[PDB]
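Section: structure with donepezil.
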There are 2 protein chains.
Amino acid sequence: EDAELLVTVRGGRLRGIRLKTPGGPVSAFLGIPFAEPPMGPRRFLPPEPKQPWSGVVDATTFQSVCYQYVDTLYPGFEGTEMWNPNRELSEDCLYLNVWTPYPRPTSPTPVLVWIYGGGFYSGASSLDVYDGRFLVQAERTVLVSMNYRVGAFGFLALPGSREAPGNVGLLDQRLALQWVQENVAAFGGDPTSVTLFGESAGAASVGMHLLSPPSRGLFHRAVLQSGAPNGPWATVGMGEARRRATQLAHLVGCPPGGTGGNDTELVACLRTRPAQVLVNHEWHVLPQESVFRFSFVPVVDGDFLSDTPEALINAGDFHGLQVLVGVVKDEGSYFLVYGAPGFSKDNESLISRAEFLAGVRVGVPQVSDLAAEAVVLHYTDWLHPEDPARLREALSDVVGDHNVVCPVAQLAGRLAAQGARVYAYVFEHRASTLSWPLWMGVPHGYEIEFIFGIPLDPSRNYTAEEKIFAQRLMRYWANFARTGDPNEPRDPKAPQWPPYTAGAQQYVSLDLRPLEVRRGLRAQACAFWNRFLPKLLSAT
Amino acid sequence: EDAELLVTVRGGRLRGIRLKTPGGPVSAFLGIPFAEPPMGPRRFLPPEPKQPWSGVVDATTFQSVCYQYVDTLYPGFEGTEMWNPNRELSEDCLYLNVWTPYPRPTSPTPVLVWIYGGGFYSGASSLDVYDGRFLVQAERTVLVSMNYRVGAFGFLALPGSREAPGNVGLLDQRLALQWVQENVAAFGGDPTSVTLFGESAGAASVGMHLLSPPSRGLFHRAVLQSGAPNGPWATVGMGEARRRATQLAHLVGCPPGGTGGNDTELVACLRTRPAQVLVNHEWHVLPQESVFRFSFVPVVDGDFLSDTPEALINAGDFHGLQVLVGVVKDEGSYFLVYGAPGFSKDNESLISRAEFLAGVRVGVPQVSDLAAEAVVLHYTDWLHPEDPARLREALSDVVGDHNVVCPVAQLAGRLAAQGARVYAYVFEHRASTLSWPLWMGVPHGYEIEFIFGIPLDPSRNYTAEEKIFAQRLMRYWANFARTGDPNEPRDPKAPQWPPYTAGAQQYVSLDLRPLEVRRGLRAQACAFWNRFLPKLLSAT
Ligand SMILES: COc1cc2c(cc1OC)C(=O)[C@H](CC1CCN(Cc3ccccc3)CC1)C2
Ligand SMILES: COc1cc2c(cc1OC)C(=O)[C@H](CC1CCN(Cc3ccccc3)CC1)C2
């Protein structure tokens, strides 16, 4: 047995496993318990630290996926099922994973901490596209990723109550960050150089950790890929969170008619229900027909988030913080097949004008008829207001700008103007092996496999250019993790990545071509979402 | 003795004058009375036909300019003085002019009828840039132009009353069209081929003759240069027209202190005032601070205009009609020096952001704060929201699109989609002799001198290519007058001018270069003005 596959942490001993990459081995410690199993009376409660254990915990394989909805839109399709759970579901899921180089670093090494996305209702650290063996081998970094409770188990909230306070899934991530502080040195990791990175709901989580003081001390840099805490989907109000939790209780027979009412009797009834029963009614508590809206998300309650993310972003001091943010080329196209009329992954989705006007209401729920008119005005090409291909790309722009691109640009500009050093990108390469239709372009989430170096997997059919491209991206992310600057610390030959500033708004395009600098993250479109539309909603 | 300078019309005999051009002489009959002098009790009343006369009326020189405000913004400046009256002011001003080729045409020849602009408060057929000798010589058509009452004398209105019904200036133009029908044959002109063309308020007048049945029978084609009857400045409501007329009465002491003020006593008191006194208070009755707004304009009374121009445009059947419409490249820049803060013709007018925001309220008066926010949203470059040059061009676009380009675009599309054959242009040549500053671009009204072939004047310093350019334009205008199609009926080699359609929205650019076809008359900007902004004001 190799001695480096045995490690002692504060709770006991672990045995890891050695993973192969074409460039060399990596030591992995998969399935480390960092919290007590949040089961029975602990359902909906904040996590408690894992009590110390005797013997050697086996850390050679991923642990269970947290209970979550399983996507059935295209059964058997690679594009959807690559995100579905690949381990059995269980409420016993609070486990984390540590990848470390071989040989183990003798000097403290910067640490990357991955937070998976999935709309706060799904996701797992065990997904194949989150395999950290290639990023750790190529860049000699320590990589950590945790599981956190999603859906009702992580974010059902009766605000104010002690039995279901909400945001416990965010607290799971924090506890994992506290664990990295106390234990990552045992793997050769530097707890003074901890960079967070996450995609979609993981990116929003990273943002919410920036805005929560108890979390802000546990890390030093942030990477937000295609997501932001200020998004219209990433938070809900106290009243709406209470209404969703009460309706979920009703759908599963809580409280038993008609005995019950207060929050204590409601959560107690919810705690007796099998986990699969709660999952089976999760989507039915959404208030309207929509896409890119999720039932149980972080709640703005005054505790984890003392104010709304937008308020904390505006009032925040971010001096001494380095941030990397970005988006993919087609943020919205993915979501249209989940409810927008006329869309299908198996045809060209050449929608009609009427289907476009209906899709706007699904893509922008809970706006006045007048607000929808402004959206139609801004996203119609009035030289070709009936062209199906342009309408398809326009509805994609509507959903992507409203949910991802403009919340990210709002955040990136506020951070740079308030002390943070910001770098911005737009990912523009469509994977050659992508199974989604060509009209979706570079869809939401399909930069992750390049960040994690998946093209290096010899059992995959990526092109030679994509392997070089993945290595360049891993260098950018690692350089940012080590130094706070994605640019090569001294290489002047490679094109340079300028910081993002509220004035110049410079960002780079990430594709097979060398870096190219551009200005403005859809500046015209995002002025509509960030500046005008709120003023329109005020005066109804 | 040239006998062709002698003509008999229905009212008597006339003696014209021969005008010289570099290409040959032209016979001109300037100052033909077509109405009784609208003086004394006739002030504010519809015109009456000129009673027949004995002897030979001298028609060798232009008659008096109708009483009007004289522009004093830049005293002594060519750019402003070229529009001021160049003959004595008088209420005895209802005279028209006829140019005809030499030798007189023996066959009935198509007739161009010019209607001058000037915001319905100014203008005169005697202005040097309306000299018809070059258009008539080069293209062998008959040209007619009339004087019509402007300001209070043409458009003061107490709706309902008989003493000041309004729109009498439009009736003056109609009477001149009736005169052309009854008399233009005596000059070699074909009353079955009459093309109206006008600029600015003249273009708005031409449009209102399309929408008035009694006038619609007196002509066969329309040309609307930089103006439309549906503009926000071209008409006024009954209630507002009554308020303006009543305030004018108050400012000139009408009615006297302690006197009833029904419409009869008010107009009677107004008729006793010297004409210059009414002029001296004309601008004081505008309801708020503005540019491109005029005190006395056509009123939507139910008589001359049975409904609003917009309503009549939408419900109208225009089969059998050919229209030529167009705009200059920089419609708005001219007006900014008449009230927009920070603007001056003698500097670069590099306005600040605050001046831009103030200018929007002056350029778009009578809109809510939310409407102004939408205007700022649509016209700000949010990548350079403080750049003075871009803000200067943006406010020019605001004023020009709101007042000219979008009313013209809406009209052109409704005409083409409802039976009319339509041709559209954008005039993009800045005269080499233009005295206005370079930042104004191609300002409002500076295509007229090219349409009338003024570059051919030997006493002017136009370039050789501007002389050739002027000849192309006169050919386009005359071909449209003859056939209804500006394209050369012979030459297939010359670039073709496609009709404007509500779908393809094709137009051509007019400059020193050959014709270039483009699509959309600022389609994105005009969707804001024509589609969204009305919905925004309805919801207040
Ligand atoms: C079952 O009902 C619904 C299911 C979904 C929606 C709405 C629904 O009801 C209307 C959505 O809007 C979802 C669309 C996302 C699902 C996950 N993928 C993949 C992905 C996962 C993690 C990171 C990045 C991409 C992207 C689109 C799912
Ligand atoms: C004295 O008060 C005012 C005077 C004017 C305005 C506002 C005023 O008060 C705010 C305007 O908006 C006017 C601007 C026009 C004046 C004449 N020219 C020239 C022209 C004449 C005829 C056809 C084409 C061009 C174009 C702009 C004048």
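As listed: the chains are lettered in turn, A, B, ..., one for each sequence line. To match the PDB entry, the residue numbers of chain A are left as they are there, and the shown ones run 4-543. So for chain B, numbering is the PDB entry's, and the shown residues are 4-543, in order. Read the numbers this way: they start at 1 and go in the same order the structure lists the ligands and their atoms. Heads up, header says this was done by X-ray crystallography, 2.3 Å. Worth knowing before you read on, the calculation uses all heavy atoms, side chains too, and leaves out hydrogens, waters and symmetry mates.
Per UniProt, the macromolecule making the most contacts with donepezil (ligand 1) here is Acetylcholinesterase.
Going by heavy atoms, the other chains that come closer than 4.0 Å to donepezil (ligand 1) are A. Within the structure, the closest approach of A:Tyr124 to donepezil (ligand 1) falls below 4.0 Å when heavy atoms are considered.
By number and name, no other ligands or ions lie nearer than 4.0 Å to donepezil (ligand 1).
Evaluated by nearest non-hydrogen atom to atom 7 (C) of donepezil (ligand 1), the leading choice among A:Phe338, A:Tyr337, A:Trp286 is A:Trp286. Note on donepezil (ligand 1): A:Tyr449 sits outside its first shell, no heavy atom being nearer than 4.0 Å. Listed by atom number, the atoms of donepezil (ligand 1) under 4.0 Å from A:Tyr72 heavy atoms are 1 (C).
Per UniProt, the active-site residue of chain A found nearest to donepezil (ligand 1) (heavy-atom distance, rounded to 1 Å) is A:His447, 4 Å. If you look at A:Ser293 next to donepezil (ligand 1), the close heavy atoms, those under 4.0 Å, all belong to the backbone. Both criteria (UniProt huperzine A-binding in chain A; heavy atom under 4.0 Å from donepezil (ligand 1)) are met by A:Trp86, A:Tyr337.
Only the side chain of A:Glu202 comes within 4.0 Å of donepezil (ligand 1), counting heavy atoms alone; its backbone N, CA, C and O stay farther away. Neither the backbone nor the side chain of A:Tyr119 comes within 4.0 Å of donepezil (ligand 1), counting heavy atoms alone. The protein heavy-atom contact nearest to atom 22 (C) of donepezil (ligand 1) is A:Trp86 CE3, 3.6 Å. When hydrogens are left out, the protein atom nearest atom 5 (C) of donepezil (ligand 1) is A:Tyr341 CD2, 3.4 Å; that is the closest non-hydrogen contact. Below 3.5 Å of separation, one finds an N or O of A:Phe295 facing an N or O of donepezil (ligand 1). Counting only heavy atoms, donepezil (ligand 1) sits under 4.0 Å from the following UniProt galanthamine-binding residues in chain A: A:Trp86, A:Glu202, A:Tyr337. For donepezil (ligand 1), the residues with any heavy atom closer than 4.0 Å are A:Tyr72, A:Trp86, A:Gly121, A:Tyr124, A:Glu202, A:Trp286, A:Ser293, A:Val294, A:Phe295, A:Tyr337, A:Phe338, A:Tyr341, A:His447, A:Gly448.
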Show me a pair-per-line table, with atom names and distances to 0.1 Å, of protein N or O atoms that are under 3.5 Å from an N or O of donepezil (ligand 1).
{"unit_1": "donepezil (ligand 1)", "atom_1": "12 (O)", "unit_2": "A:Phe295", "atom_2": "N", "d": "2.9"}

